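Below: one structure, written as structure tokens.
All chains are named by letter (A, B, ...) in the order of the sequence lines, taking the proteins before the strands, and each is independently numbered beginning at 1. Every heavy atom of this structure was used, including side-chain atoms; hydrogens, water molecules and symmetry mates were not. The structure has been trimmed to a portion of the entry, and contacts are counted only among what remains. If you're wondering, the header gives electron microscopy, 2.4 Å. Each ligand, and each atom within it, is numbered from 1 in the order the structure gives.
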Amino acid sequence: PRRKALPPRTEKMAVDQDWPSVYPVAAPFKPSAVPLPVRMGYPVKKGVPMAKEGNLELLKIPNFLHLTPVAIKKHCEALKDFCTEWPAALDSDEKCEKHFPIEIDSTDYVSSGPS
Amino acid sequence: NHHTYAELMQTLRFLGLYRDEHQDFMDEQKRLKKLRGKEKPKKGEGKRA
Amino acid sequence: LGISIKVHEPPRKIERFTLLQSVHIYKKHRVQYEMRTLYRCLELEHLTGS
Amino acid sequence: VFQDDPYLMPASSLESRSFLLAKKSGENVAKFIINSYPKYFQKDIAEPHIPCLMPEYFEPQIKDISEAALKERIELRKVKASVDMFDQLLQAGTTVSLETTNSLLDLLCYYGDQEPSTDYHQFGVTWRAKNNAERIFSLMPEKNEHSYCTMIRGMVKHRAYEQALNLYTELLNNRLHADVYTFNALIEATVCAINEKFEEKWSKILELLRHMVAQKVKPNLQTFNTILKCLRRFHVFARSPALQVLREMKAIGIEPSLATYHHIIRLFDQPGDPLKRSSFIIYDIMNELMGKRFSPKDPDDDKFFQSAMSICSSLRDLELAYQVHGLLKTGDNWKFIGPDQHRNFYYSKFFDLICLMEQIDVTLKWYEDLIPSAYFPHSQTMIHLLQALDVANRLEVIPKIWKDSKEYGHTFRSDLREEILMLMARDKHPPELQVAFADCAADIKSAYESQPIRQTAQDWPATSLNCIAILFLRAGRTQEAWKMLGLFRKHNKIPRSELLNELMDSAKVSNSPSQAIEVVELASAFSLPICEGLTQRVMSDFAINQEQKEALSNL
Amino acid sequence: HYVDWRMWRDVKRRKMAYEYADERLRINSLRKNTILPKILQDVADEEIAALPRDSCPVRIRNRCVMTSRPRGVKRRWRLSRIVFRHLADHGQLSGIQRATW
Amino acid sequence: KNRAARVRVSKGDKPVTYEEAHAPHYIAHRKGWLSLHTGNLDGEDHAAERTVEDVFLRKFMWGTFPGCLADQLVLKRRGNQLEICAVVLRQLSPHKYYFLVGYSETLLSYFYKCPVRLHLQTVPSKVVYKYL
Amino acid sequence: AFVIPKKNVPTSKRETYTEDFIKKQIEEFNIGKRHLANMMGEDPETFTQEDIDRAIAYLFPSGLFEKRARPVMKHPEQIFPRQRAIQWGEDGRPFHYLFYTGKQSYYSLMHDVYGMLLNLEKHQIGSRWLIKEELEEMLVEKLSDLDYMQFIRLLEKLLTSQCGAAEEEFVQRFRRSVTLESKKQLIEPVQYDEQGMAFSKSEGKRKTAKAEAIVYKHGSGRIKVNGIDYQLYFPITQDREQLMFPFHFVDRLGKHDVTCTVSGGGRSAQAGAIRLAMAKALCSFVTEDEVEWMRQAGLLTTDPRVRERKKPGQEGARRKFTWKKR
Amino acid sequence: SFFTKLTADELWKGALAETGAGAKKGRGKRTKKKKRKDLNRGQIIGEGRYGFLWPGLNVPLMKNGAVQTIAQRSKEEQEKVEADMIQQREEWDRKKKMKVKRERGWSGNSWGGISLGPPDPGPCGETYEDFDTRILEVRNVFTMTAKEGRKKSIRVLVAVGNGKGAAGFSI
RNA sequence: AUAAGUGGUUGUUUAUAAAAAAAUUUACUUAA
RNA sequence: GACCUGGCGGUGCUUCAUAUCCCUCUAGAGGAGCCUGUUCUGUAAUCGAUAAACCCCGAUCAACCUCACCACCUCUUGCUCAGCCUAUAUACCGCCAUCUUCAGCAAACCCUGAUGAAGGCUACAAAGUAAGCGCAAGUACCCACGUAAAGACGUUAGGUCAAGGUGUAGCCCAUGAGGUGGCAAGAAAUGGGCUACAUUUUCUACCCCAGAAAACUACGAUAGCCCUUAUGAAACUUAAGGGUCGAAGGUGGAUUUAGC
Ligand SMILES: C[NH+](C)c1cc(NC(=O)CNC(C)(C)C)c(O)c2c1C[C@H]1C[C@H]3[C@H]([NH+](C)C)C(O)=C(C(N)=O)C(=O)[C@@]3(O)C(O)=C1C2=O
Ligand SMILES: [K+]
Ligand SMILES: [Mg+2]
Ligand SMILES: [Mg+2]
Ligand SMILES: [Mg+2]
Ligand SMILES: [Mg+2]
Ligand SMILES: [Mg+2]
Ligand SMILES: [Mg+2]
Ligand SMILES: [Mg+2]
Ligand SMILES: [Mg+2]
Ligand SMILES: [Mg+2]
Ligand SMILES: [Mg+2]
Ligand SMILES: [Mg+2]
Ligand SMILES: [Mg+2]
Ligand SMILES: [Mg+2]
Ligand SMILES: [Mg+2]
Ligand SMILES: [Mg+2]
Ligand SMILES: [Mg+2]
Ligand SMILES: [Mg+2]
Ligand SMILES: [Mg+2]
Ligand SMILES: [Mg+2]
């Protein structure tokens, strides 16, 4: 015979699951793993936007499914541990430049590529 | 580096791991011309001296 | 994370340039292209290195 | 590690294994090409530089005869190049450093003068008496302690115990102390060499310990683990000595690793009914190890959990299994569960025990968590989940269990495709369940029809056939149920008494005398002893006189 | 395996020009001032005029890297207008669209 | 008449994909970019080197998965990473797909000196937007 | 027998959305609606459509200039085209007595409205006749423009004659509503400075020039453009005549003080931006009738005439290169 | 250059020259017509010139329950594989040079008398397998158009009949 | 109700075809 | 002989014509010098475009390079599992011109014509229903406006084998590859542009309330000579500046372009 594809696992997903476990990091939109009936595509006349499956328009979006509000709050809790506290004495900019007269500026440039 | 892009993709074809539709096309045409007798003459040992 | 943050949109940049539309002649016919660069500045304030 | 497509998702444990080998196979072909054509991959674009995405060079690039050039062949583990260069270098008469010679020996001994195979260009004794390693030692003018030690260790791996012991004698003749590793290798040699009883081996062991103490050699974890590893042959006489060893390490300060307990639990778990002695020890071990983060220290640390779980399941200790599993899930301990074999074994046993000894609701919770997230079931572990559902009198789930059975590659498994029917047909049920099981029934019917085993031999368990028929009747597909009758005669599979008995009701519900006659006429042809009893009921219930004589005349 | 012999002649020019750049720089510096004696600058003139002609950087031509075209190349992508458009028109250049205003 | 990247009308019988069905004047309007990196942004560098890499990969993938691709690649870049999002068909053995994923990823990571991933999305048949 | 190649005439899959198909879509939307609220950490029971749109916009961000090309997750009834229900049963008899006209809905309506007019004989702003595209959706029948026009004629003929409450509510089914925008100038708040002086401030824009004016309720006629007297900032008279224009028109030369700032453009576009900014700020201190007259004098409109781009292959915005016949 | 190589679709479209001004108005009068060959037809993924055997692609992944390693066919063995490939191509081409015997009607080159088989089955299961269909006349008729010019249509006359009294004809 | 001459040559419908590649061992360590 | 469809008519009528007809409005081109194409002449010395729809066109660009040209001197499995800017754009893909400052092209049916090529219109309706593709809608830019963009099927074997690729034919000690040097001029004739001929001007100051100039260095060259500088290895040539020099020109014949 010819290997048949299993059904999408969105059906086995609980309407109350924790979504952050499904997409922990940035990953490309997978129709079989996202339980949303989302459609995209300029519709033909008397037609509907195209279904998620095989929809190359949805695969061209840089999606934010790995950064839901839930996920962010959870993430930032685990990261409060890493950050230290601003000197409460340095309330205003007046106080900043009283105690620290020099300011050093520098820029970092984030860009995609091998180098 | 055009020497690297052609030489890599040439071995990948000789290794069986890359299909070169263009080189397949040109091989077919070359094969047919040979049948018609329109084959490249041997260098030096040509019709002329 | 308890950081003070303000956001504004710096105005966009649209870089356009023109090319010939045909391979050989027809100088009066061009294709024009652009690249939009959109911006958002996150102004964070009073942070420690960590 | 798998691709997340409905069509590339593995759908069985075989695929789970096969798909990862295919991905790894393609990586070898890449790495084979990358290393065979380095020039196509020698253009570094990365900043910062990535050393690991560069090609590798395995051939020694210095052909001059010098001490430095020797190191390359040794570092490059090129046994043939080193010996050939060594021969020429020796003929030149130049001096070879003791350290350089020692390193050359390690490579030759470690691999037994057998070149490690890479990319492209078992039963029996692999060691050969006329091997170059032996010759090199003779040529070696000076032989230090490492020379003797390294040679013995390799002999152990190649089963050359007898001469290794003889070589150990020469070391003693030179009044040279051996290292910890030499002793650890020797311990296995003495025990594996001869098949003497424990007491004889025990005495020999104590002799070496006295040598170890006399030589002021401080033992390692491996030192003791080797003992426990060898003591598995004396599967009952080494039990008490083992407890001495365990307590001794704790005294010295060496904390037992997972490999230690692995040897222990294997040793104490022998074929026996009570196994209460073992039982106690297992329990104590787990109590000792509760909430203990482990680090890899012994090569056998990975085999613990599979053994632990096996015993837990053999003793049927659900509360102990939760402690074993509870330990695996602490910190980074899950990394010790070992290869795929170990992992299936663990989860297969662990879950069998759950289905048997746990509440059904909690079994379904563990069913959803473990499968296929962590474990691709075997055909059997579906049966156990079926049985556990029966014991819990939860047959509303059997339909779901059938779907999953197909989705894990158990559509054709004979054993499984029967139990489901039996349980679904054993009893009558409310209309809903009856209908529900009838839909599942037709689904399994398709499987029996399109059996791939049919190419070999089509099997049709009459019991399975019965269950189907019953369920089709309870739904109303009498016509389809009647088609089964043809199949019985076709496959020459006599129906079950219960199927024949229930066939009477089918005619009564339909109130179609014509069909009722057909059932009896066919059953009578087979002269089944149960059929005769049915004929008496039919003749009393409904039977035309003219039709009776026609049946008799055939006899 | 370059697109043609005109590209191949530019590949070599770019490579030779790179080899001699430090020498050419040093010699120019001598002859690009009023400080040094003219008898010395005149020697420098001779010296740099004797370096191979294909090390002279003005002889480099920015050809389409795909088709070798010597004119009509956008320098940010090193492609001719014909080749640039073909990728731009299929959607294959990140962030580049048709301009309308 | 304009020709660039237009599929002509034909006779109502030509299957075309959403991608193919849209002309270049729809590239920021009704459809997106098949590649996404930072080279072509104002102030950014290396647009040329990104472009040569993208022309090779599309060619590389087309011949490496012969007859399998059901649409165009989506090329993504995030920092050091490269993502190749193919939509393939369901005719090749999943064993062969896994071989090719492992092969292509490995070979491309050593060629372009970066982590390269390849996300397949199988479809039964080529998704038809319109019958031109 | 010559076998002619069988043409795949029905290549184009025609839109066929069975009622069962829709219900399976509404099911998936409800299930998906709950997953969406779960991801967003919101209450599945109060997740409105506007929460679906906000969430989908964030999770699948697209800049595509057309909204119909962006990702969407809507109720299947707002997405799929409404379709006519099966018009005959299993026996094959159509359910409507006007089936065979092809337009049972349109001619049913026409039959009804005609009767309503017939019975009447036996008895004796802000709203718009729905457009055709609307009636076709109300009737689900592709309709001709001449059909529509004939239909509307009956309706209007119905309005003319006396109608009861029952008839009027019928007509209203086809009379839509038109919100009417007011062309009435919005008046700027009167504010007060530290010294308690009343002023209003407004903005004006002319070409690339932008002006901000503060008009004081009381003053002498002092305009100070960018800190300079108006006569010195605008040495050109035409420029000064433009600043006079707002105040002269309402008879208020010499009654107000103005502080403006302008930037961009050239001198005369600056004069016209300041004119507009001053006129708008001045609306707070005149009557509503005077504001309307100022609107009808063209003093309160932004001038939209701005420089047009040059086109390629031309000399200018409109100017062409010389055309050479031969 | 690797980057100047195009796809088979682009290559055949240019080489075949199905479109162009030649096709229009019968300007091109070269009867000889090439046909597109799918050069991917007999191609196996993983099969190359050097004869390497890739486990999991070109050869089976597992042998005797063990994972195979990279292997390469012998030179003598590879010759057979390449020689066999040539044979299949030739025989595949052989099938397409065989001329089919078209049963002739009133004349060798005439459409009259040729049979078109039974009428196509109706929409609602209506069937016409009783009826035969013979062509009576094929004629290229022309009209003139403002844009193109000589526009060809085909007028065809057929007759249908079951041989039991029922018959008809249509254009 | 003015007057408006000319344009070498040449040119069209001969008949249909198709592929697949693929599936034996479903869980240890161990010993003689 | 008689038709059908189209074209065309110095064909009728009726409407129209939008910087899309005429009368109208504004600024120009055709005369001068200059700049830059083309042709023609020349040269040993490239190719392409060449009514509209070629003529500052391929070129968002040639001192060498670029380069394809000419002369001379070299090389021969040759950067390439060769190469060819050799022929054929009338074999083609690719990308376009043109009507188009269009609204039409239409598969599938049904009907009409005695079942001919063909044809299919009436709303108080009389045989057409039509999916698709254009137009439209939508979107870009500062709006519902405008400008872009879009703009089918076809027409002109229209342009482009010299962007690249390529069918067919040809070259393979050469029609290929490389080095050195060189041409790329003007009797002229014409296309497009720039600057002028001045008083609504010229020069300074200022960038809008000034002073001067104004037919002998008035107005008027961005042209010639001289010098310097910039870039470059190379500049009598390319560009910038300065000086010198004050030419033709005194609002341009037939005709002709653009703009709401
Ligand atoms: C000899 N004539 C009949 C001809 C022949 C060919 N080519 C061949 O016959 C080639 N034969 C080979 C293949 C070499 C054996 C031809 O290729 C051509 C033409 C005609 C020209 C005419 C061109 C003309 N102008 C530019 C000189 C023109 O203006 C038009 C026009 N329509 O206005 C053209 O059609 C023209 O440009 C053109 O295309 C021609 C040819 O194509
Ligand atoms: K050619
Ligand atoms: Mg155009
Ligand atoms: Mg202008
Ligand atoms: Mg004459
Ligand atoms: Mg004529
Ligand atoms: Mg006519
Ligand atoms: Mg002029
Ligand atoms: Mg002139
Ligand atoms: Mg020329
Ligand atoms: Mg020419
Ligand atoms: Mg030509
Ligand atoms: Mg012409
Ligand atoms: Mg040549
Ligand atoms: Mg042409
Ligand atoms: Mg063409
Ligand atoms: Mg000709
Ligand atoms: Mg508009
Ligand atoms: Mg336009
Ligand atoms: Mg439009
Ligand atoms: Mg031509």
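In this structure, the drug found at ligand 1 is tigecycline. Structurally, the main neighbour of tigecycline is the chain that the PDB entry identifies as 12S mitochondrial rRNA. Under a 4.0 Å heavy-atom cut-off, the other chains found next to tigecycline are J.
By number and name, the other ligands or ions lying nearer than 4.0 Å to tigecycline are ligand 13 (magnesium ion), ligand 17 (magnesium ion), ligand 21 (magnesium ion).
The entry gives the source of RNA chain J as Homo sapiens. With the cut-off at 4.0 Å and only heavy atoms counted, the binding site of tigecycline comes to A51(J), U88(J), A89(J), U90(J), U156(J), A157(J), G158(J), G159(J).
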